[PDB]
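The following structure: pyrimethamine with Bifunctional dihydrofolate reductase-thymidylate synthase.
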Amino acid sequence: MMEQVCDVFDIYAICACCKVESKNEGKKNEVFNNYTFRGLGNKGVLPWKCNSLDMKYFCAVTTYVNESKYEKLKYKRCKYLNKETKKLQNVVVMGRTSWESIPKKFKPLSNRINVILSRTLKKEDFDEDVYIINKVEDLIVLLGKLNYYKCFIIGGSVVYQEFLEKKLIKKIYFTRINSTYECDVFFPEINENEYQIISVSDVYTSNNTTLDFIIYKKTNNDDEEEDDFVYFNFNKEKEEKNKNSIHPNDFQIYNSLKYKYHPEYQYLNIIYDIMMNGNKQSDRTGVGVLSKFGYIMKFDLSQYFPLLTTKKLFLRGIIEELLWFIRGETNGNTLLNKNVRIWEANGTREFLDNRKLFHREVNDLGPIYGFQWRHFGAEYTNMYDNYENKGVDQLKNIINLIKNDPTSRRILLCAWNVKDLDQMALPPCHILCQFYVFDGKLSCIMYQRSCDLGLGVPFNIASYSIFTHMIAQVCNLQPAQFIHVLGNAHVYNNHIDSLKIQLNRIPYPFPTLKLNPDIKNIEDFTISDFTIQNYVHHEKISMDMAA
Amino acid sequence: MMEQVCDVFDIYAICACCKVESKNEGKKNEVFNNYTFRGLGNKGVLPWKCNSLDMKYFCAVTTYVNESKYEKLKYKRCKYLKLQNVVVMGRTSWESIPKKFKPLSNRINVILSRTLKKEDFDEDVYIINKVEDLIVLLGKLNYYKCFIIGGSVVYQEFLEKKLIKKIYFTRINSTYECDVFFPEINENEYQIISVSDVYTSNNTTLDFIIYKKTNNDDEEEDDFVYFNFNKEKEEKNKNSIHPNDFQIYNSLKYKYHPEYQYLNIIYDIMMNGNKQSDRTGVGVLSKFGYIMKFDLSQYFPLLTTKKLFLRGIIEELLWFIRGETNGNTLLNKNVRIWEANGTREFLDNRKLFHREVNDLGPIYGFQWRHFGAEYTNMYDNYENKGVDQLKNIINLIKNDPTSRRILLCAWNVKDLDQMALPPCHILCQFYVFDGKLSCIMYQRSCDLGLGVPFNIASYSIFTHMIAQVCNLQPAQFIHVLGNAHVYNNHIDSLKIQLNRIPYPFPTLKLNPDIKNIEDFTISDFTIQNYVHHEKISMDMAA
Ligand SMILES: NC(=O)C1=CN([C@@H]2O[C@H](COP(=O)(O)OP(=O)(O)OC[C@H]3O[C@@H](n4cnc5c(N)ncnc54)[C@H](OP(=O)(O)O)[C@@H]3O)[C@@H](O)[C@H]2O)C=CC1
Ligand SMILES: NC(=O)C1=CN([C@@H]2O[C@H](COP(=O)(O)OP(=O)(O)OC[C@H]3O[C@@H](n4cnc5c(N)ncnc54)[C@H](OP(=O)(O)O)[C@@H]3O)[C@@H](O)[C@H]2O)C=CC1
Ligand SMILES: O=c1ccn([C@H]2C[C@H](O)[C@@H](COP(=O)(O)O)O2)c(=O)[nH]1
Ligand SMILES: O=c1ccn([C@H]2C[C@H](O)[C@@H](COP(=O)(O)O)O2)c(=O)[nH]1
Ligand SMILES: CCc1nc(N)nc(N)c1-c1ccc(Cl)cc1
Ligand SMILES: CCc1nc(N)nc(N)c1-c1ccc(Cl)cc1
């Protein structure tokens, strides 16, 4: 074996990059990739001033050491050097400009061996406890003489550039600041053939922006208490049901990831699980699907808006649909006039007639969502009727319970009115919403009886996450979690190839949802009160590639 | 410094025990414990004759060998004094094994005897005159692990002289005639460190537990720590719960027994639960959103870490099925589940001033058979009024199994205020695949310490009932919990419960002649082989 320097001395890079203030040539159909995050600094400082969470992360990684693993590293570096026979710290290497950008109260970086690269400055020019080198070679020499855990290259685009040039980086701990700021210095474009992403963290919010942490890796070219584990798995099948028909070589990127902590994976793993272990059925005479029963996804709305990034989604339609529900409408023309066709196919003469709704006007969807939310129990007549003070206004009652009886375990909004099912153009897929209120925070569980993983679910997650924010706001609470429970979860055969593609796309940090803060009544929201910010995403996918 | 054989030479013991029958009384013991499973053999053979699953387990365990981890053993043993394992047995034992199966393939067969002729058998088939002579044969051979597939006698001595490291004990949860038994393991010398998932095979459930000798690449490893950089160092309520208490629960390495799905939630709530105070002045710890799954095809999920009675909840189920809302019907059968909710005072506080005592209103039963009808009183004849959901879901399961609309819903928004109390079990959704039925039940409010245990049982039974009247085999019962809480008053009790090791689940037997959901009677239900720890009053108040 030919030992590479970066491996022997464990030299890593850690940075944080934001999106660059682009010169929008008039194409807000922007293309996104990993290079989207390349902003390092502006006028000597960080483009975003400060970010306490990234700072905390940076400190955590560069100060962490495991003394028990040291002896193994010592033997390795010493053997490599042919050299063989008070707290262990990591080393941090930075350019002079980065060193000078650090406030005096933070210099030198605590509990770490600070190394500074410079030509214009020498040891005499510094008062602090630091090592001044004037070339990369001098670092390798220093490392072969120091007792240290790991070496992190912390900065200066110039510094990053040459260390990557000389191929001295074993891994890149890369922070993705999901927002745009003015920049004048950038991180070098990472050659995808030289570095692959192996892990993606959870997504967070800090200082009014979402962010996540990813790791790039340099590419190709008691134990018996563990044996008991082997035994317990004795009665297993050796391969997953649909392996032969699905083929894993297709999920290359998906399976090459070590840590998949990005929330979008809750959705991706379910798809993968259904594809690999799903039961073959013909949901609706002829179509055909793979299905499973019972899954739960959780999303932290205080930390991000879970709009899928592995593909492109628009939300104007589902938002208008939601406002439409809240208004208690069941008139399909209202949506059609707003160019939203979600319910178009379910309101045609033929569809209604086949539901035996012979006396139902076209686009009159019947006692669905809207009607149940505001008038559950009333006798439905037609979509133009005024159902004032008729039936139960669940929506209003849940808002009142949340305001005056927050700990109640009866705060539910139900659309599944057994008595009206047959009068509905379609029985509802979203059976109910239940709320939980703790320490001024609102969580929501939504139970879905039927789930089209490929086409529907992505939008459903968005709709209810938004709804949770809306209810939270009119009740003076902060949104916490949106919990999605899936009953019959299926993947349509026609969607398989498109989903295979999606699964091999690495998520981007989620976007954020902003509601007009002035709205205080659930009924006063209008389309312009909603804004999805920093939505970074992969190319849109036609789940059904038919032509 | 190695010098105490058992750990040194890696000697293990593997067995399979069943329950014993007593001529005085043949079943449903008053008190159970680990010694309940001691049956070893009967008249030269196994009490149960055969169990294919256990056969597979015994084989897999005794033949499994990992060579990469061998020299770590060759190193210290030599340093102490086609890799296969050693299977030490006795004469009676070796003589019970069939012809074609002797010697045990891929294994180094050894035998404890005082009259067997070494000269008669093969060389790869050693023999020994005494226990201590075994150590010797080991110091000469090249094996992986030494398994004592024993024999009553063989087991005993090996245990007394303390030569056993681990005891891969299989629990066959069924009673058979026995003449030979396994030695009562000393709880202070050995402890259970693992409990597998439960299974059904050859008409009995069973599980595998590992008894242990109380001694009393890294590249992506640091990455795991970095990604945990922002997580709370200590657990929220750890300070008020105290882990020294859950010492057995935390000592377990592998907890694959399904009961742990319930136990783990109790633990999660106690350790990370949010403190809240009902408008009653009572306090709870609560979490939001959990899911448990039980494979009814392999076992009936009746908690074993405490005692559970089912007559009441079965009658309640039959009561729902009849569509009744008459609280008196249950009281006259001494089922008082709904008594408190039917009193004059409770009804009045619900503002049901015009409701008769014990007239629970349009609850479960009324919704299952007449959803939509106008409720009058518990004595009215609602025949043909409202939607008969029960009848409908059953016809859907039979004629349109792949339907994703087979739901039974009790949360009638229009009738809630008329109900003595809103239902906790909102709905049941069914799923059918390959002639098998699964059911999801969503519970909006869950009393983990007292309610959930019965809740899991009720709906598991309901699943079997629906499955049978539709000629389907039960598959999974999936329990979705919404507001899941633990009353503060139960904490000490649940701590105790958390430190009990689950026994193998029992099975549920329904009278197979019943083919209509409405024809079941209390005598058509039988719980078999229910082994459990003693009863625990969740509220140790009195
Ligand atoms: N987002 C992030 O993660 C990070 C952002 N930053 C930002 O980046 C900007 C600073 O980066 P940038 O301008 O690229 O400069 P650097 O901080 O990389 O420093 C460049 C200087 O370091 C010295 N140097 C670099 N390589 C060598 C070498 N091989 N031998 C000797 N000296 C060497 C020289 O010092 P001299 O001039 O004395 O000869 C040189 O001009 C700032 O705005 C800072 O806020 C910095 C680190 C991380
Ligand atoms: N369920 C389970 O997991 C198991 C069940 N069994 C069942 O147990 C029954 C057999 O058990 P049991 O009757 O106790 O007999 P064993 O199978 O243990 O055989 C005992 C024989 O081993 C020999 N022996 C005893 N002590 C010594 C010693 N100190 N040194 C050398 N040899 C010794 C004797 O042979 P000799 O007469 O030549 O002196 C003796 O009669 C069977 O029905 C079998 O099916 C057996 C193993 C496991
Ligand atoms: O908001 C929605 C509406 C519908 N569907 C899907 C689920 C099913 O694939 C199909 C409805 O068919 P049934 O389950 O009702 O039969 O539409 C969704 O995923 N989300
Ligand atoms: O079958 C049942 C019925 C009730 N409960 C519990 C949940 C709550 O602790 C209490 C009902 O009070 P509310 O949730 O409605 O407030 O009873 C159960 O766990 N299981
Ligand atoms: C929050 C700072 C930070 N976060 C990350 N993820 N990487 C870094 N390299 C730095 C950093 C920036 C400037 C200096 Cl001067 C030193 C280190
Ligand atoms: C299926 C048999 C089996 N299963 C388990 N779990 N343990 C055992 N000790 C045996 C066994 C019983 C009798 C003989 Cl003779 C050999 C081995």
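All chains are named by letter (A, B, ...) in the order of the sequence lines, taking the proteins before the strands, and each is independently numbered beginning at 1. The header says X-ray crystallography, 2.3 Å. Reckoned from all heavy atoms, side chains included, excluding hydrogens, waters and symmetry mates. Note that ligands are numbered from 1 as they come in the structure, with each ligand's atoms numbered from 1 the same way.
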Item checked: pyrimethamine: ligands or chains -> ligands 5 and 6
Checklist line | Heavy-atom contacts of pyrimethamine (ligand 5) under 4.0 Å: other chains | finding: A
Notebook entry, point to check: What is the residue list for the binding site of pyrimethamine (ligand 5), using non-hydrogen contacts under 4.0 Å?
Noted result: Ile14(A), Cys15(A), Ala16(A), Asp54(A), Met55(A), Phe58(A), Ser98(A), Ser101(A), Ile102(A), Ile154(A), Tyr160(A), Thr175(A)
Next item on the list: Looking only at protein heavy atoms, identify the closest one to atom 11 (C) of pyrimethamine (ligand 5) and say how far it is in Å.
Entry: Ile154(A) O, 4.0 Å
Next item on the list: Give the atoms of pyrimethamine (ligand 5), by number and element, whose distance to some non-hydrogen atom of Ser101(A) is under 4.0 Å.
Entry: 15 (Cl)
Margin query: When you compare pyrimethamine (ligand 5) with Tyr160(A), is there at least one nitrogen or oxygen pair between them that comes in under 3.5 angstrom?
Written below: yes
Check: What is the organism of chain A, as given by the entry?
Finding: Plasmodium falciparum
Note to self: Closer than 4.0 Å and a protein heavy atom, does any atom meet both conditions relative to atom 14 (C) of pyrimethamine (ligand 5)?
What the structure shows: no
Check: How close does the nearest protein non-hydrogen atom get to atom 12 (C) of pyrimethamine (ligand 5), and which residue and atom is it?
Finding: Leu46(A) CD2, 4.2 Å
Check: For pyrimethamine (ligand 5), which atoms sit closer than 4.0 Å to a heavy atom of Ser98(A)?
Finding: 15 (Cl)
Item checked: Atoms of pyrimethamine (ligand 5) close to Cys15(A) [distance to a heavy atom under 4.0 angstrom, numbered from 1] -> 5 (C), 6 (N), 7 (N), 8 (C), 9 (N)
Check: Tell me, which protein residue and heavy-atom name are nearest atom 3 (C) of pyrimethamine (ligand 5), and how many Å apart are they?
Finding: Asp54(A) OD2, 3.5 Å
Notebook entry, point to check: Where is the nearest protein heavy atom to atom 17 (C) of pyrimethamine (ligand 5): which residue, which atom, and how far?
Noted result: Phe58(A) CZ, 3.6 Å
Margin query: So, regarding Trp99(A) and pyrimethamine (ligand 5) (criterion: nitrogen or oxygen to nitrogen or oxygen, under 3.5 Å), is there a contact or not?
Written below: no
Check: Counting each atom of pyrimethamine (ligand 5) from 1 as listed, which ones have a heavy atom of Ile102(A) under 4.0 Å away?
Finding: 15 (Cl)
